[PDB]
Amino acid sequence: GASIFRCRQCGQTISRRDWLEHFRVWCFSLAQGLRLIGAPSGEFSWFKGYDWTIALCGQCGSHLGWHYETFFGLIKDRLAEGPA
Amino acid sequence: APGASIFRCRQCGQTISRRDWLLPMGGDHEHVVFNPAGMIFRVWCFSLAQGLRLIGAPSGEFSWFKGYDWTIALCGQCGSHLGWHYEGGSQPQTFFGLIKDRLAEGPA
Amino acid sequence: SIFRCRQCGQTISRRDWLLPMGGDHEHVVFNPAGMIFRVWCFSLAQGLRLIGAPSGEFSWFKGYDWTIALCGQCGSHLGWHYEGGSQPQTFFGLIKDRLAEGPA
Ligand SMILES: Nc1ccc(C(=O)N[C@H]2CCC(=O)NC2=O)c(F)c1
Ligand SMILES: O=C1CC[C@H](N2C(=O)c3ccccc3C2=O)C(=O)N1
Ligand SMILES: O=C1CC[C@H](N2C(=O)c3ccccc3C2=O)C(=O)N1
Ligand SMILES: [Zn+2]
Ligand SMILES: [Zn+2]
Ligand SMILES: [Zn+2]
């Protein structure tokens, strides 16, 4: 029952276990339904050698995590998990 | 005189659980999940609960918590679906996952 | 969006001022007489009248005292004000079903 990951606020589909905790952050190789905003930043990056960009939910605008450059680092408590 | 000590069924007032019995499963008492019908639930985990009626036999299908089987938990007074009872697992063997917005919190 | 008193329309609070106390802006609560309320927390509000001295008895929010909040314009009981805490020192718990949300 924890195969698909979704925006907690509106339910937009974001990623899946096939693409997949370290706040607790989940790293995914691929994601959908986000909007990546702004230019990359290195400041306080949790992953050595990566810059990040803010990742919002494309449906409701909730801040779900970051895109790193590649992979996506998403905040566990901003997501809902459920079955495929 | 604490005003946030007891959880009762929002629909009828049945005594269900207590703040003192919240349980941080995987490091957090709160879990946000969805079922196969796409319903999103803000689930609070409790070590203990009362005043429920646990319906049928456990199932592992679609379980949100690795290693646990679930049974539907209704309010034993009014039949409101308040969450699930989990069993069959490890550390703990059992717990309750209750739907936060279906409870009312208040004084003892 | 703004929240207006459902009974008379006076502006009371704003969506920008929603406050997630204990991790959620919504709290379903019951008082000692067993009345159930669905309360939304806001940092600020306007147009209310707070009645009585603050009380700590049965506060729904640990570390805060409460005062009853009426609409100042029509008298509707819209919720409570909370004070005497830290981070934040004060906020409101307003009864969702007694407000109307709409454009400013
Ligand atoms: N005989 C009564 C009737 C009502 C109340 C009442 O509504 N109290 C609220 C105040 C707000 C709060 O944070 N907690 C409460 O429980 C009461 F205390 C005593
Ligand atoms: O790799 C990252 C992503 C960004 C993240 N981060 C935050 O969580 C945060 C909160 C407030 C202001 C600025 C930041 C920031 O850089 C952080 O600490 N590291
Ligand atoms: O851990 C659990 C509890 C039960 C829950 N569940 C539901 O809420 C549901 C609704 C309809 C068909 C099947 C299911 C199911 O397994 C679910 O998805 N996971
Ligand atoms: Zn969203
Ligand atoms: Zn009930
Ligand atoms: Zn009014």
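Sequence lines set the chain letters: A, B, ... in the order given, protein chains first and strands last, and positions in each chain run from 1. How was it done? The header gives X-ray crystallography, 1.5 Å. Start at 1 and go down the list; that is how both ligands and their atoms are numbered. Worth knowing before you read on, the calculation uses all heavy atoms, side chains too, and leaves out hydrogens, waters and symmetry mates.
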Student: Name the drug or drug candidate found at ligand 2.
Tutor: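 PDB records name it S-thalidomide.
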Student: So, counting contacts under 4.5 Å, which chain has the most with S-thalidomide (ligand 2)? Name it the way the PDB entry does.
Tutor: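 The chain with most contacts is Cereblon isoform 4.
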Student: At a cut-off of 4.0 Å, which other chains have heavy atoms near S-thalidomide (ligand 2)?
Tutor: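 The other chains with a heavy atom that near are A.
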Student: What residues contact S-thalidomide (ligand 2) if the heavy-atom distance limit is 4.0 Å?
Tutor: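 With non-hydrogen atoms counted, the site is A:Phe44, A:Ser45, A:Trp46, A:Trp52, A:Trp66, A:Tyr68.
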